[PDB]
4 protein chains.
Amino acid sequence: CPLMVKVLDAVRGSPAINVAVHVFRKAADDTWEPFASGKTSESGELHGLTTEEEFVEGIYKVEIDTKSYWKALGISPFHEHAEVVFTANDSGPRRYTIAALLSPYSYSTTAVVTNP
Amino acid sequence: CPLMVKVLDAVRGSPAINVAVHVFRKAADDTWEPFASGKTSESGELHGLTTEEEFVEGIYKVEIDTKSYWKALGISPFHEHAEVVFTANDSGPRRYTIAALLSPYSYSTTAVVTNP
Amino acid sequence: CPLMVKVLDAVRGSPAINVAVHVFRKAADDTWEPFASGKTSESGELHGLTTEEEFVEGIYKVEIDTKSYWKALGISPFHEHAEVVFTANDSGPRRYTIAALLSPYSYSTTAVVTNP
Amino acid sequence: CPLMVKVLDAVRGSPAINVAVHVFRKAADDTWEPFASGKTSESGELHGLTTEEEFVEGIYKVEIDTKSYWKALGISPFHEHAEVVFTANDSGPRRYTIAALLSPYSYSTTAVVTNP
Ligand SMILES: N[C@@H](Cc1cc(I)c(Oc2cc(I)c(O)c(I)c2)c(I)c1)C(=O)O
Ligand SMILES: N[C@@H](Cc1cc(I)c(Oc2cc(I)c(O)c(I)c2)c(I)c1)C(=O)O
(Lines of atoms letter the chains of each structure in order from A and count residues from 1; the text may use other names and numbers.)
(Lines give C-alpha, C1' and ligand atoms only; values in the text may rest on other atoms or scores of the structure.)
(Ligands and ions follow the chains in the order given, each with its own letter.)
Protein backbone atom coordinates (compact mmCIF):
# COMPACT_ATOMS: atom_id res chain seq x y z
CA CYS A 1 0.00 0.00 0.00
CA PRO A 2 1.90 3.02 -1.47
CA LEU A 3 -0.70 5.57 -0.39
CA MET A 4 -2.63 5.40 2.90
CA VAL A 5 -5.03 7.67 4.81
CA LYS A 6 -5.52 7.52 8.61
CA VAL A 7 -8.32 9.59 10.25
CA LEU A 8 -9.20 10.18 13.93
CA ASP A 9 -11.88 11.99 15.98
CA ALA A 10 -10.47 14.19 18.74
CA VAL A 11 -13.90 14.78 20.40
CA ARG A 12 -14.68 11.10 20.98
CA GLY A 13 -11.07 9.92 20.84
CA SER A 14 -11.63 7.09 18.38
CA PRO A 15 -11.20 6.44 14.62
CA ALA A 16 -13.33 8.55 12.29
CA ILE A 17 -15.44 5.90 10.53
CA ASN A 18 -17.14 6.53 7.15
CA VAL A 19 -15.30 9.72 6.24
CA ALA A 20 -15.43 10.22 2.47
CA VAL A 21 -11.87 10.71 1.20
CA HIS A 22 -11.31 11.69 -2.46
CA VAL A 23 -7.94 11.39 -4.21
CA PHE A 24 -7.27 13.52 -7.31
CA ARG A 25 -4.08 13.78 -9.39
CA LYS A 26 -3.05 16.86 -11.37
CA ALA A 27 -3.11 17.14 -15.17
CA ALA A 28 -1.02 18.90 -17.85
CA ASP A 29 -4.11 21.07 -18.36
CA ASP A 30 -3.68 21.92 -14.65
CA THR A 31 -7.14 20.50 -13.98
CA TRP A 32 -7.74 17.68 -11.48
CA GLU A 33 -8.14 14.04 -12.54
CA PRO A 34 -10.10 11.81 -10.10
CA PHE A 35 -7.46 9.22 -9.06
CA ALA A 36 -9.41 7.38 -6.35
CA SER A 37 -12.26 7.51 -3.83
CA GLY A 38 -13.33 5.69 -0.70
CA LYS A 39 -14.57 5.96 2.86
CA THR A 40 -12.67 5.14 6.06
CA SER A 41 -13.18 1.73 7.70
CA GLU A 42 -14.07 0.98 11.32
CA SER A 43 -10.33 1.29 12.14
CA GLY A 44 -10.42 4.78 10.66
CA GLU A 45 -7.99 4.05 7.82
CA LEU A 46 -8.48 3.77 4.05
CA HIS A 47 -5.65 1.63 2.68
CA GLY A 48 -5.71 0.11 -0.81
CA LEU A 49 -6.61 3.34 -2.61
CA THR A 50 -4.02 2.79 -5.39
CA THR A 51 -1.30 0.30 -6.40
CA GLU A 52 2.51 0.69 -6.75
CA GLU A 53 2.41 0.57 -10.57
CA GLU A 54 -0.40 3.14 -10.81
CA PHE A 55 0.92 5.62 -8.21
CA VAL A 56 3.29 7.39 -10.61
CA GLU A 57 5.05 10.75 -10.17
CA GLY A 58 3.01 13.94 -9.74
CA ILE A 59 1.06 16.39 -7.56
CA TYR A 60 -1.92 14.86 -5.71
CA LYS A 61 -4.82 16.37 -3.82
CA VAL A 62 -6.32 14.24 -1.06
CA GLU A 63 -9.63 15.79 -0.05
CA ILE A 64 -11.36 14.75 3.17
CA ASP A 65 -15.07 15.43 3.68
CA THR A 66 -14.94 16.61 7.31
CA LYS A 67 -18.12 18.70 7.10
CA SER A 68 -20.22 15.63 6.26
CA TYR A 69 -18.74 13.56 9.07
CA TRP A 70 -19.68 16.17 11.67
CA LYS A 71 -23.12 17.09 10.24
CA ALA A 72 -23.97 13.39 10.67
CA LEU A 73 -23.16 13.62 14.37
CA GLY A 74 -25.33 16.73 14.66
CA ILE A 75 -22.58 19.37 14.84
CA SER A 76 -22.00 22.18 12.33
CA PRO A 77 -18.21 22.39 11.75
CA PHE A 78 -15.97 25.22 10.58
CA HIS A 79 -14.26 23.95 7.45
CA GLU A 80 -16.15 22.76 4.36
CA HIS A 81 -13.31 20.25 4.03
CA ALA A 82 -9.66 19.52 4.66
CA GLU A 83 -7.32 18.68 1.85
CA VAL A 84 -3.68 17.66 1.67
CA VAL A 85 -1.88 18.78 -1.51
CA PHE A 86 1.56 17.27 -2.09
CA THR A 87 4.19 16.25 -4.63
CA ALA A 88 4.61 12.47 -4.50
CA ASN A 89 7.35 10.21 -5.97
CA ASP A 90 9.60 13.05 -7.23
CA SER A 91 12.87 11.62 -5.91
CA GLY A 92 11.90 7.98 -6.06
CA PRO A 93 9.35 5.28 -5.03
CA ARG A 94 8.23 6.29 -1.53
CA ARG A 95 5.35 4.93 0.55
CA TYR A 96 3.13 7.67 2.04
CA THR A 97 0.81 7.61 5.09
CA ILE A 98 -1.38 10.69 5.54
CA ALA A 99 -2.90 11.10 8.98
CA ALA A 100 -5.58 13.61 10.04
CA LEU A 101 -6.91 14.55 13.54
CA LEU A 102 -10.43 15.99 13.46
CA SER A 103 -12.18 18.58 15.64
CA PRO A 104 -15.11 20.90 14.83
CA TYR A 105 -13.03 24.06 14.75
CA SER A 106 -9.57 22.62 14.13
CA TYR A 107 -7.92 19.91 12.03
CA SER A 108 -4.34 18.69 12.04
CA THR A 109 -2.48 16.77 9.33
CA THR A 110 0.92 15.01 9.29
CA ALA A 111 2.62 12.78 6.71
CA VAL A 112 4.96 9.83 7.17
CA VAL A 113 7.10 9.27 4.06
CA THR A 114 8.80 5.84 4.09
CA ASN A 115 10.90 3.59 1.82
CA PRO A 116 9.47 0.22 0.64
CA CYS B 1 -10.73 43.29 11.61
CA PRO B 2 -13.26 40.45 11.05
CA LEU B 3 -10.63 38.19 9.37
CA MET B 4 -7.03 37.86 10.54
CA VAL B 5 -4.63 35.02 9.75
CA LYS B 6 -1.96 34.01 12.26
CA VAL B 7 0.95 31.71 11.33
CA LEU B 8 3.69 30.26 13.53
CA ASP B 9 6.86 28.24 12.74
CA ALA B 10 7.05 25.17 14.99
CA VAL B 11 10.67 24.23 14.16
CA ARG B 12 12.27 27.49 15.28
CA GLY B 13 9.44 28.28 17.70
CA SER B 14 8.76 31.76 16.39
CA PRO B 15 6.22 33.56 14.17
CA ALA B 16 6.36 32.68 10.46
CA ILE B 17 7.39 35.89 8.69
CA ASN B 18 6.88 36.84 5.02
CA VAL B 19 4.53 33.93 4.39
CA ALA B 20 2.39 34.64 1.33
CA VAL B 21 -1.35 34.45 2.07
CA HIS B 22 -4.09 34.50 -0.61
CA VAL B 23 -7.82 34.86 0.17
CA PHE B 24 -10.48 33.88 -2.39
CA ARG B 25 -14.23 34.52 -2.11
CA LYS B 26 -16.34 32.02 -4.05
CA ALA B 27 -18.26 33.78 -6.83
CA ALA B 28 -21.87 33.18 -7.93
CA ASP B 29 -20.69 31.05 -10.88
CA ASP B 30 -18.91 28.79 -8.35
CA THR B 31 -15.44 30.07 -9.31
CA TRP B 32 -12.78 30.98 -6.76
CA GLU B 33 -12.47 34.77 -7.25
CA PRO B 34 -9.59 36.86 -5.70
CA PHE B 35 -10.60 38.69 -2.52
CA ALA B 36 -7.46 39.60 -0.58
CA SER B 37 -3.71 39.12 -0.70
CA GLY B 38 -0.84 39.71 1.67
CA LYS B 39 2.24 38.41 3.45
CA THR B 40 2.47 37.77 7.19
CA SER B 41 4.18 40.57 9.10
CA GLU B 42 7.07 40.15 11.54
CA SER B 43 4.66 39.01 14.28
CA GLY B 44 3.29 36.25 12.07
CA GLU B 45 -0.09 38.01 11.97
CA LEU B 46 -1.60 39.27 8.71
CA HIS B 47 -4.23 41.98 9.23
CA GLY B 48 -6.16 44.46 7.13
CA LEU B 49 -7.55 42.04 4.55
CA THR B 50 -11.12 43.37 4.34
CA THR B 51 -13.96 45.08 6.20
CA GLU B 52 -17.29 43.75 7.51
CA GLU B 53 -19.17 45.62 4.76
CA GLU B 54 -17.31 43.61 2.13
CA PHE B 55 -16.95 40.40 4.17
CA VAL B 56 -20.36 39.14 3.04
CA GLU B 57 -22.08 35.82 3.79
CA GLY B 58 -20.12 33.49 1.51
CA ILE B 59 -17.46 30.76 1.35
CA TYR B 60 -13.85 31.95 1.56
CA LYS B 61 -10.58 30.18 0.93
CA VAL B 62 -7.58 31.40 2.89
CA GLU B 63 -4.60 29.81 1.17
CA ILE B 64 -1.24 29.92 2.93
CA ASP B 65 1.84 29.37 0.75
CA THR B 66 3.83 27.14 3.09
CA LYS B 67 5.98 25.58 0.35
CA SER B 68 7.89 28.78 -0.41
CA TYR B 69 8.35 29.71 3.26
CA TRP B 70 10.18 26.44 3.90
CA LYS B 71 12.12 26.31 0.60
CA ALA B 72 13.55 29.77 1.37
CA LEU B 73 14.97 28.41 4.62
CA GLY B 74 16.68 25.61 2.71
CA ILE B 75 14.22 22.93 3.80
CA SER B 76 12.00 20.87 1.47
CA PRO B 77 8.44 20.55 2.83
CA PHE B 78 5.85 17.87 2.15
CA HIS B 79 2.80 19.99 1.43
CA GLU B 80 2.45 22.11 -1.69
CA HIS B 81 0.38 24.43 0.54
CA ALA B 82 -2.06 24.74 3.42
CA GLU B 83 -5.65 25.54 2.55
CA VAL B 84 -8.54 26.49 4.86
CA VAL B 85 -12.03 26.62 3.29
CA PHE B 86 -15.06 27.87 5.26
CA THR B 87 -18.47 29.60 5.14
CA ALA B 88 -18.10 32.99 6.84
CA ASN B 89 -20.66 35.37 8.41
CA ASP B 90 -23.63 33.05 7.78
CA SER B 91 -25.57 34.44 10.74
CA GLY B 92 -24.21 37.83 11.71
CA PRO B 93 -21.10 40.06 12.02
CA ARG B 94 -18.64 37.54 13.45
CA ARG B 95 -14.90 38.15 13.82
CA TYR B 96 -12.73 35.36 12.40
CA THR B 97 -9.19 34.57 13.52
CA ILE B 98 -7.62 31.69 11.63
CA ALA B 99 -4.24 30.49 12.83
CA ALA B 100 -1.84 27.78 11.65
CA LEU B 101 1.25 26.08 13.13
CA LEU B 102 3.81 25.01 10.52
CA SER B 103 6.14 21.99 10.42
CA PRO B 104 7.82 20.50 7.30
CA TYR B 105 5.79 17.30 7.10
CA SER B 106 2.91 18.44 9.32
CA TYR B 107 0.60 21.38 10.00
CA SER B 108 -2.63 22.13 11.80
CA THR B 109 -5.09 24.99 11.55
CA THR B 110 -7.50 26.22 14.25
CA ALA B 111 -10.28 28.81 14.05
CA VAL B 112 -11.34 31.21 16.80
CA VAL B 113 -14.83 32.63 16.09
CA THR B 114 -16.01 35.56 18.23
CA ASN B 115 -18.06 38.80 18.07
CA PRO B 116 -17.99 42.38 19.58
CA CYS C 1 5.04 39.70 30.22
CA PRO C 2 7.87 37.11 30.45
CA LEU C 3 5.34 34.27 31.00
CA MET C 4 2.28 34.72 28.80
CA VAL C 5 -0.27 31.86 28.44
CA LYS C 6 -3.09 31.44 25.83
CA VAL C 7 -5.51 28.49 25.87
CA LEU C 8 -7.93 27.64 23.05
CA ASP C 9 -10.88 25.30 22.65
CA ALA C 10 -10.77 23.27 19.46
CA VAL C 11 -14.33 22.03 19.86
CA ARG C 12 -16.33 25.23 20.32
CA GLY C 13 -13.77 27.31 18.45
CA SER C 14 -13.36 29.93 21.14
CA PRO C 15 -10.85 30.85 23.82
CA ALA C 16 -10.92 28.67 26.97
CA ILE C 17 -12.41 30.71 29.83
CA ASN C 18 -11.54 30.03 33.46
CA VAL C 19 -9.06 27.22 32.90
CA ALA C 20 -6.90 26.88 36.01
CA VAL C 21 -3.16 27.36 35.53
CA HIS C 22 -0.47 26.37 38.04
CA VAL C 23 3.24 27.05 37.56
CA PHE C 24 6.04 25.30 39.45
CA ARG C 25 9.78 25.94 39.36
CA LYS C 26 12.21 23.15 40.20
CA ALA C 27 13.68 23.64 43.66
CA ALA C 28 17.31 22.90 44.53
CA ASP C 29 16.01 19.68 46.14
CA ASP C 30 14.69 18.43 42.76
CA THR C 31 11.12 18.71 44.08
CA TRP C 32 8.34 20.75 42.44
CA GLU C 33 7.58 23.92 44.40
CA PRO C 34 4.91 26.63 43.66
CA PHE C 35 5.79 29.77 41.69
CA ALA C 36 2.58 31.38 40.38
CA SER C 37 -1.12 30.70 39.71
CA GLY C 38 -4.24 32.18 38.12
CA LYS C 39 -7.16 31.48 35.76
CA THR C 40 -7.48 32.29 32.04
CA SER C 41 -9.50 35.39 31.05
CA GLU C 42 -12.36 35.66 28.53
CA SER C 43 -9.80 36.15 25.75
CA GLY C 44 -8.35 32.84 26.89
CA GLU C 45 -5.18 33.93 28.68
CA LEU C 46 -3.33 35.14 31.79
CA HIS C 47 -0.67 37.82 31.38
CA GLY C 48 0.23 38.55 35.01
CA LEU C 49 1.93 35.39 36.32
CA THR C 50 5.36 36.83 37.22
CA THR C 51 8.03 39.43 36.37
CA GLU C 52 11.68 39.28 35.29
CA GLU C 53 13.10 39.72 38.83
CA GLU C 54 11.19 36.65 40.04
CA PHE C 55 11.39 34.71 36.73
CA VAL C 56 15.00 33.66 37.11
CA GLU C 57 16.70 30.86 35.17
CA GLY C 58 15.54 27.39 36.13
CA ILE C 59 13.31 24.46 35.18
CA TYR C 60 9.68 25.55 35.11
CA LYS C 61 6.40 23.73 34.59
CA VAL C 62 3.09 25.24 33.51
CA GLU C 63 0.25 22.88 34.40
CA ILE C 64 -3.13 23.55 32.77
CA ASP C 65 -6.21 22.02 34.43
CA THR C 66 -7.89 20.61 31.31
CA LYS C 67 -9.92 17.99 33.18
CA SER C 68 -12.11 20.44 35.09
CA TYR C 69 -12.74 22.56 31.96
CA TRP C 70 -14.21 19.71 29.88
CA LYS C 71 -16.12 18.23 32.88
CA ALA C 72 -18.31 21.33 33.25
CA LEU C 73 -19.51 21.27 29.63
CA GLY C 74 -20.79 17.76 30.36
CA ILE C 75 -17.91 15.99 28.56
CA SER C 76 -15.54 13.42 30.09
CA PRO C 77 -12.00 14.20 28.78
CA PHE C 78 -9.15 11.68 28.57
CA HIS C 79 -6.31 13.56 30.32
CA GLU C 80 -6.21 14.81 33.91
CA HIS C 81 -4.19 17.86 32.75
CA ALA C 82 -1.85 19.36 30.16
CA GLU C 83 1.71 19.98 31.36
CA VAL C 84 4.61 21.89 29.81
CA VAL C 85 8.02 21.38 31.44
CA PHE C 86 10.83 23.54 30.06
CA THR C 87 14.00 25.48 30.95
CA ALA C 88 13.49 29.23 31.36
CA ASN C 89 15.76 32.21 30.62
CA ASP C 90 18.78 30.10 29.69
CA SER C 91 20.17 32.52 27.06
CA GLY C 92 19.60 35.51 29.35
CA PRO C 93 16.28 37.44 29.60
CA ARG C 94 13.58 36.25 27.18
CA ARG C 95 9.77 36.43 26.93
CA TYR C 96 7.98 33.07 26.71
CA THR C 97 4.50 32.37 25.35
CA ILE C 98 3.13 28.92 26.13
CA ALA C 99 -0.10 27.94 24.34
CA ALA C 100 -2.45 24.97 24.20
CA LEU C 101 -5.22 23.92 21.82
CA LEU C 102 -7.59 21.81 23.89
CA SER C 103 -9.76 18.96 22.60
CA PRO C 104 -11.39 16.13 24.70
CA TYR C 105 -8.90 13.39 23.84
CA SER C 106 -6.17 15.42 22.17
CA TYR C 107 -4.18 18.48 23.16
CA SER C 108 -1.51 20.46 21.37
CA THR C 109 1.00 22.89 22.76
CA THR C 110 3.29 25.29 20.93
CA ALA C 111 5.88 27.58 22.47
CA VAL C 112 7.02 30.95 21.20
CA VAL C 113 10.18 32.53 22.57
CA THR C 114 10.89 36.12 21.56
CA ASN C 115 13.77 38.39 22.53
CA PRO C 116 13.40 41.80 24.28
CA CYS D 1 -1.01 -5.41 24.19
CA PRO D 2 -3.38 -3.05 26.14
CA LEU D 3 -1.03 -0.02 26.22
CA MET D 4 0.71 0.95 22.97
CA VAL D 5 2.64 4.19 22.32
CA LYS D 6 3.60 6.14 19.15
CA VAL D 7 6.03 8.96 18.51
CA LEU D 8 6.30 10.75 15.16
CA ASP D 9 8.91 13.25 14.03
CA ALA D 10 7.10 15.95 12.07
CA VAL D 11 10.25 17.83 11.08
CA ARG D 12 11.50 14.91 8.98
CA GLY D 13 8.16 13.16 8.47
CA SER D 14 9.39 9.85 9.87
CA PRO D 15 8.67 7.75 12.97
CA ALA D 16 10.70 8.77 16.03
CA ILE D 17 13.21 5.93 16.51
CA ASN D 18 14.79 5.08 19.87
CA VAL D 19 12.76 7.48 21.99
CA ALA D 20 12.86 6.70 25.71
CA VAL D 21 9.44 6.02 27.25
CA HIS D 22 8.70 5.71 30.97
CA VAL D 23 5.27 4.74 32.31
CA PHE D 24 4.34 5.61 35.90
CA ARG D 25 1.42 4.45 38.03
CA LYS D 26 -0.32 6.48 40.71
CA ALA D 27 0.68 4.71 43.92
CA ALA D 28 -1.51 4.50 46.99
CA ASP D 29 0.47 7.14 48.92
CA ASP D 30 0.10 9.64 46.05
CA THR D 31 3.70 9.41 44.72
CA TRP D 32 4.88 8.48 41.23
CA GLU D 33 5.92 4.84 41.39
CA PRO D 34 7.67 3.20 38.33
CA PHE D 35 5.40 0.95 36.27
CA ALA D 36 7.10 0.03 32.99
CA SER D 37 9.48 1.29 30.28
CA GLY D 38 11.18 0.75 26.93
CA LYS D 39 12.23 2.38 23.64
CA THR D 40 10.42 2.88 20.31
CA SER D 41 10.94 0.55 17.33
CA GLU D 42 11.81 1.23 13.69
CA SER D 43 8.12 1.91 13.02
CA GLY D 44 7.99 4.32 15.94
CA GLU D 45 5.85 1.97 18.02
CA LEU D 46 6.60 0.70 21.52
CA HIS D 47 4.77 -2.54 22.37
CA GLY D 48 4.56 -4.86 25.36
CA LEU D 49 4.84 -2.11 27.93
CA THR D 50 2.53 -4.05 30.27
CA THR D 51 0.48 -7.26 30.49
CA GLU D 52 -3.32 -7.64 30.51
CA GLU D 53 -3.11 -8.08 34.28
CA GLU D 54 -0.68 -5.51 35.65
CA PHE D 55 -2.74 -2.72 34.07
CA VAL D 56 -5.25 -2.24 36.83
CA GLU D 57 -7.34 0.87 37.56
CA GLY D 58 -5.16 3.86 38.36
CA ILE D 59 -3.65 7.18 37.29
CA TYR D 60 -0.85 6.54 34.83
CA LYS D 61 1.70 9.02 33.53
CA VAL D 62 3.56 8.37 30.29
CA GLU D 63 6.70 10.45 29.95
CA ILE D 64 8.26 10.53 26.49
CA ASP D 65 11.82 11.86 26.47
CA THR D 66 11.70 14.67 23.94
CA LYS D 67 14.89 16.50 24.97
CA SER D 68 17.47 13.82 24.07
CA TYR D 69 15.79 12.94 20.74
CA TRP D 70 16.36 16.44 19.38
CA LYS D 71 19.79 16.91 21.03
CA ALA D 72 21.13 13.87 19.17
CA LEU D 73 20.06 15.41 15.85
CA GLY D 74 21.88 18.68 16.52
CA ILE D 75 18.59 20.41 17.37
CA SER D 76 17.95 22.43 20.55
CA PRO D 77 14.37 21.58 21.65
CA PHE D 78 12.21 23.67 23.97
CA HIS D 79 10.61 21.03 26.18
CA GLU D 80 12.45 18.77 28.61
CA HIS D 81 9.88 16.10 27.66
CA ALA D 82 6.31 15.20 26.70
CA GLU D 83 3.98 13.87 29.37
CA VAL D 84 0.58 12.23 29.20
CA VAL D 85 -1.23 11.90 32.55
CA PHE D 86 -4.49 10.00 32.40
CA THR D 87 -6.80 7.66 34.31
CA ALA D 88 -7.10 4.12 32.98
CA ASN D 89 -9.35 1.09 33.32
CA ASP D 90 -12.00 2.65 35.58
CA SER D 91 -14.85 2.10 33.07
CA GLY D 92 -13.54 -1.46 32.83
CA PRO D 93 -10.67 -2.98 30.79
CA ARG D 94 -9.60 -0.77 27.86
CA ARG D 95 -6.90 -0.54 25.14
CA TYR D 96 -4.96 2.72 24.86
CA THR D 97 -2.92 3.85 21.85
CA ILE D 98 -1.11 7.08 22.79
CA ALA D 99 0.30 9.03 19.84
CA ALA D 100 2.67 12.04 19.87
CA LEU D 101 3.75 14.33 17.00
CA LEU D 102 7.01 16.13 17.62
CA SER D 103 8.61 19.40 16.57
CA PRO D 104 11.44 21.32 18.34
CA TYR D 105 9.06 23.88 19.86
CA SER D 106 5.73 22.03 19.71
CA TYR D 107 4.22 18.64 20.49
CA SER D 108 0.79 17.07 20.27
CA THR D 109 -0.66 13.89 21.76
CA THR D 110 -3.91 11.99 21.15
CA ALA D 111 -5.52 8.98 22.77
CA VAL D 112 -7.50 6.28 21.04
CA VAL D 113 -9.32 4.18 23.62
CA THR D 114 -10.63 1.03 21.93
CA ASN D 115 -13.14 -1.38 23.48
CA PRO D 116 -12.42 -5.16 23.60
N1 LIG E 1 0.89 2.87 12.20
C2 LIG E 1 0.31 3.80 13.20
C3 LIG E 1 -0.86 4.57 12.59
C4 LIG E 1 -1.29 5.76 13.42
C5 LIG E 1 -0.73 7.00 13.19
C6 LIG E 1 -1.18 8.11 13.91
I7 LIG E 1 -0.26 9.91 13.44
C8 LIG E 1 -2.20 8.02 14.90
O9 LIG E 1 -2.70 9.12 15.66
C10 LIG E 1 -2.47 10.49 15.39
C11 LIG E 1 -1.81 11.26 16.33
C12 LIG E 1 -1.56 12.61 16.07
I13 LIG E 1 -0.57 13.73 17.51
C14 LIG E 1 -1.96 13.23 14.89
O15 LIG E 1 -1.71 14.52 14.66
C16 LIG E 1 -2.62 12.44 13.97
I17 LIG E 1 -3.22 13.31 12.18
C18 LIG E 1 -2.89 11.07 14.18
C19 LIG E 1 -2.72 6.72 15.10
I20 LIG E 1 -4.22 6.39 16.51
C21 LIG E 1 -2.28 5.61 14.38
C22 LIG E 1 -0.11 2.92 14.44
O23 LIG E 1 -1.30 2.60 14.53
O24 LIG E 1 0.79 2.62 15.22
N1 LIG F 1 3.05 33.17 19.94
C2 LIG F 1 1.60 33.50 20.00
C3 LIG F 1 0.84 32.40 20.77
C4 LIG F 1 0.02 31.51 19.85
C5 LIG F 1 0.67 30.57 19.06
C6 LIG F 1 -0.08 29.78 18.18
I7 LIG F 1 0.97 28.39 17.01
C8 LIG F 1 -1.48 29.89 18.07
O9 LIG F 1 -2.25 29.09 17.20
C10 LIG F 1 -2.27 27.67 17.29
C11 LIG F 1 -2.94 26.93 16.33
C12 LIG F 1 -2.93 25.52 16.43
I13 LIG F 1 -3.93 24.40 14.99
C14 LIG F 1 -2.27 24.85 17.46
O15 LIG F 1 -2.27 23.52 17.54
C16 LIG F 1 -1.62 25.64 18.39
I17 LIG F 1 -0.61 24.72 19.96
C18 LIG F 1 -1.60 27.04 18.33
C19 LIG F 1 -2.08 30.86 18.90
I20 LIG F 1 -4.13 31.15 18.83
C21 LIG F 1 -1.35 31.67 19.77
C22 LIG F 1 1.48 34.92 20.66
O23 LIG F 1 1.79 35.02 21.85
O24 LIG F 1 1.08 35.83 19.93
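Proteins get letters first, then strands, A, B, ... in listed order; numbering begins at 1 in each. Atoms within each ligand, like the ligands themselves, are counted from 1 in listed order. Computed from heavy atoms alone, side chains included, the values below leave out hydrogens, waters and symmetry copies.
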- Message: Got a name for the drug at ligand 1?
- Response: L-thyroxine
- Chief macromolecule bound to L-thyroxine (ligand 1) (UniProt): Transthyretin
- Query: What are the letters of the other chains having a heavy atom under 4.0 Å from L-thyroxine (ligand 1)?
  - Reply: A, D
- Which other-chain residues have at least one non-hydrogen atom less than 4.0 Å from L-thyroxine (ligand 1)? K6(A), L8(A), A99(A), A100(A), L101(A), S108(A), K6(D), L8(D), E45(D), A99(D), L101(D), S108(D), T110(D), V112(D)
- Could you tell me which residues UniProt lists as binding L-thyroxine in chain D have a heavy atom under 4.0 Å from L-thyroxine (ligand 1)? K6(D), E45(D), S108(D)
- Message: Any idea what organism the entry names for chain D?
- Response: Homo sapiens
